[PDB]
There are 4 protein chains.
Amino acid sequence: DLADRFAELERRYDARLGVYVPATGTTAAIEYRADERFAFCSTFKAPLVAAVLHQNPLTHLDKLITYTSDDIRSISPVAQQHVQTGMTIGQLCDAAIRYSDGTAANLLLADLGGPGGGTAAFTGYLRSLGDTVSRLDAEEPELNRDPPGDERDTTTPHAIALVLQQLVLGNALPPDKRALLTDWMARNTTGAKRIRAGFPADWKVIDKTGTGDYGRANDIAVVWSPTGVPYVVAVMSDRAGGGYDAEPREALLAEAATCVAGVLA
Amino acid sequence: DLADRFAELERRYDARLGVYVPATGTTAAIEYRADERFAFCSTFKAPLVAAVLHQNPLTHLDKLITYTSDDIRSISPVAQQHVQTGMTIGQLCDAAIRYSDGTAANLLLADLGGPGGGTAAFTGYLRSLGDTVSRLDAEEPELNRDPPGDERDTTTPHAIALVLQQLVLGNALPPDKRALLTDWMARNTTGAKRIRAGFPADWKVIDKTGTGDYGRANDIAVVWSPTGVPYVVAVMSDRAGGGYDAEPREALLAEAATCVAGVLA
Amino acid sequence: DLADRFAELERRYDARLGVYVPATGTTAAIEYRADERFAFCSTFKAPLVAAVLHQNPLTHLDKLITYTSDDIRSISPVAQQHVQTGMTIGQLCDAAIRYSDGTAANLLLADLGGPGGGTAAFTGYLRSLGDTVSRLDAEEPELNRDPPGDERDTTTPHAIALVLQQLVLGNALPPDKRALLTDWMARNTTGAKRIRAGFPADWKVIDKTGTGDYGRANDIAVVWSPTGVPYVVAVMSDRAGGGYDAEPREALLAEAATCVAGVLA
Amino acid sequence: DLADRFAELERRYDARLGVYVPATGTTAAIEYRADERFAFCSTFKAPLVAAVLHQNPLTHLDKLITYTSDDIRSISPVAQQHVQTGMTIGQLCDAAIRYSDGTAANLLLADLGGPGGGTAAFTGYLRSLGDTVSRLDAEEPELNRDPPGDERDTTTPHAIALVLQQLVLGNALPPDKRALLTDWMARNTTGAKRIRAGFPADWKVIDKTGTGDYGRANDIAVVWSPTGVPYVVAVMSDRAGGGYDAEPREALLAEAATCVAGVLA
Ligand SMILES: *C(=O)/C=C/N[C@@H](C(=O)O)C(C)(C)S(=O)O
Ligand SMILES: *C(=O)/C=C/N[C@@H](C(=O)O)C(C)(C)S(=O)O
Ligand SMILES: CC1(C)[C@H](C(=O)O)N2C(=O)C[C@H]2S1(=O)=O
Ligand SMILES: CC1(C)[C@H](C(=O)O)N2C(=O)C[C@H]2S1(=O)=O
């Protein structure tokens, strides 16, 4: 039984593990705490980019956004370099996915517009994909430091996996805009030690990671078998019992991904 | 419950699959047709080098062996290049392991001495290691085209795994000679699409492959988890029912190796 | 006579190329704009690690350095992942060389101490090696955006080649610390399409790349012939005339490296 | 210029070097002893295969050829294994190119028919390509042991290069047969340490090697620049005066190929 290995990995790493792989036409669905709530962390930046692409034409990517040093509040290796020149919506998209730039996500949230800096509009976009569970309430970096048990800024492996399936595999975006999202996730630089490290090399892997306090470590991914069969793999975890400053364990997400690959083989 | 995937792979590839992983101190042993006989093929070249290392001092590796054009009876990518210069016993070991050189193996068997060109002496070495099942009767390339049902030149995944464990992990060789065999298998060039391809990249893999007629494809390996735990993986397969000219399916060994990695994670 | 191909490559790529290979005991020195100033870019991280290694004992590499999210000011593929756990001086060295981590370089400069966050101390280390040309004035990522004609954060291929020669080939470091620098540059991950791509596969290549605005592309390397003769190859280039957003051309450095290989053969 | 490096390599490796690169539309021709005669050695098997394709229909490749153990005269790693089942002309082609099989070459020469075991027919095919210099007089392995100064079984780097140019790049064969020849040379197993070893990895290389007595070592190849520009590189060498049992030096051909790569960069 596979759920025995997941609970074994939970005990070995002193964490709570959540795994969901939507069932394909050939294989069954993998579930472990799939309907339990985990914090979004940086993984929300993937459907955030799709939200801007969905509501705006392709020419919107050339719009230049100027910002001040007071807007830099989270880890922003790209936004800190263009404070004087500004960045276009396209560059904010590239930074929000590949480098998980915090303020780039906050600026994209503002581009969604609406109350709460665009968090209300963002959750509304998740509702259009049929997801009535996830919700974003804060901006960066507050959405990462919510206490355990709090439902604000949380999703579930079941909910986030099906969202990612419609965006990459489904037609929730036209193919011209769908290709831009996939290329950003394919050249991601922040998830080399997670789902990518758990699957063999001849498996294609695109992903968007997430890390927060309380030992939070997420990774939502779309993998391709060596023959070309696509799957959706949502792996999230936290270590609330270890405290606020608990260290996240990337090895947990990598070990769990290898268990998923063994079943899909 | 892992053997359900193995039987699914046998039906998917039209082949007979044999898998054995010796049990460690923490995990149990993986077995699938583990006590059924498969053809040695070139996998016998790994304990053959260990046999030469065991019976001779380290200075014996500098002995130069000369051979004629009539000795090149099989694919010999390294021995074919030094017919004028000759090759030392050390170079014959390197070619027999890394490039699976046939003529290098035949000369090493002759260096063992005894009846049948040293095939009796080689089997005698396996008997001293506790292997009471395997047997080598022919040389290259006759040992690769034995008819199905014939027990000549055959081993079992159970037997070959335990031999490899004693040679690499156990103390069947002194550490100075143990390091030579491990380094040769570490730089193998013929098995990139088998056990190496089924395991994630952060796993260290040393191996010696084997391929013959009747769709035969073997790969004996020693893998190391990212934390440093060693395991022994013996995967063998044939497609005898498909005839003498049956094509081997390397994807079968890679898929089976991925299933093993999920259990060992 | 080799400089005819170099000027032909400059015309083909619309760039300014700088090449220098210090003369060995058998061959003469290769020079092309060798005494012209090019921007340091990330090449300064190689002698920066050597500077830290020189001034501290080997046990100093275990000192844990803590940093905040505001320190992540540039592309930092390793520093972004250990903001909560912190990184040791040894890990900062590995990240600054192999992954060209920006924040790791800034922290190592702070460990050097002195004015301007340690840029003055770094320039002082180059002066002790006989380099009276180079100079580091800013930190990451400002040192890459300097305008053309400005001497700040610039070296010359003549100067950087002799610095790299003393660190790797000379005894400017004790062998225990010298071996650490060589192994880190040998496992570099950012320069597979530059000098490494210009040399045949049987040539060992260690290097540290550098890329910035104005189409800047540098690569300082130490290569070994298949027989074991070491050489030092310093290749730098920019396209300042193309503007700030000029695209760097890695093919120029790979082609220039191939021309040098023909001479050293 | 460049011919000084060739004379430097000749004096260093104690050999006689012959290099020819047919001029392209952009580059000039490389010549060094290009019109001097070197022994064909195994390089004649490349235009030999093209000869069978040219005068025979595609169905001729399925014709089964039977042979006895008395026909195995030269190094035949593939012909030694099929002395009972026999091999088709197509299998004889694959063995003659990729593994430089001796008996495979003699059987194809006999398939050409005519006087002298088909050597007269083979030279006649070379004459139709405009080559009035080369000539084949013996079979394997006699064609390799001719004394120096003897014009039997010899070609020139100028003559063999232009033949290879029409066979691979030109339309001396229809594309249906031209693709078969190119794929066989691309999967060659006997020339990894010659022209292939002298060019960088991002250069594609197909070749057919040749080795004989008197330290003879040839390699005719077709290389492709990383952008896709094809060239023809003919490198031949012997070491007359060193005796019949003189050792061939593969490093000479690899070093000379690096000099060619430096010019074409
Ligand atoms: C090891 O098992 C192989 C020797 N050669 C094989 C190969 O695939 O190269 C064969 C099957 C061609 S063989 O020599 O019977
Ligand atoms: C080495 O010091 C530089 C790296 N510079 C660039 C990079 O490739 O990461 C940037 C993006 C930091 S830059 O010059 O704005
Ligand atoms: C919230 C973060 C600043 C930022 C983030 O997820 O936005 N994280 C990393 O790069 C790890 C976690 S974090 O440091 O908590
Ligand atoms: C048979 C060869 C192709 C070639 C030959 O004789 O044609 N030989 C040498 O010079 C040694 C053997 S070989 O290289 O295998």
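Chain letters follow the order of the sequence lines: the first is A, the second B, and so on. Note that chain A carries the PDB entry numbering, so the residues on display, from first to last, are 29-293. The numbering of chain B matches the PDB entry: 29-293, in order. Numbering, chain C: per the PDB entry, residues 29-293 in sequence. Going by the PDB entry, the residues shown for chain D are 29-293, listed in order. Recorded method is X-ray crystallography, 2.8 Å. The figures that follow rest on heavy atoms only: side chains count, while hydrogens, waters and symmetry mates do not. Counting starts at 1 for both ligands and their atoms, following the listed order.
- The macromolecule with the greatest number of heavy-atom pairs within 4.5 Å of ligand 4 is, in the PDB entry, named Beta-lactamase.
- This structure shows the drug at ligand 4 to be sulbactam.
- Every other chain with a heavy atom under 4.0 Å from sulbactam (ligand 4) is listed here: B, D.
- Residues of other chains with a heavy atom under 4.0 Å from sulbactam (ligand 4): B/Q108, D/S70, D/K73, D/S102, D/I103, D/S128, D/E168, D/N172, D/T239, D/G240.
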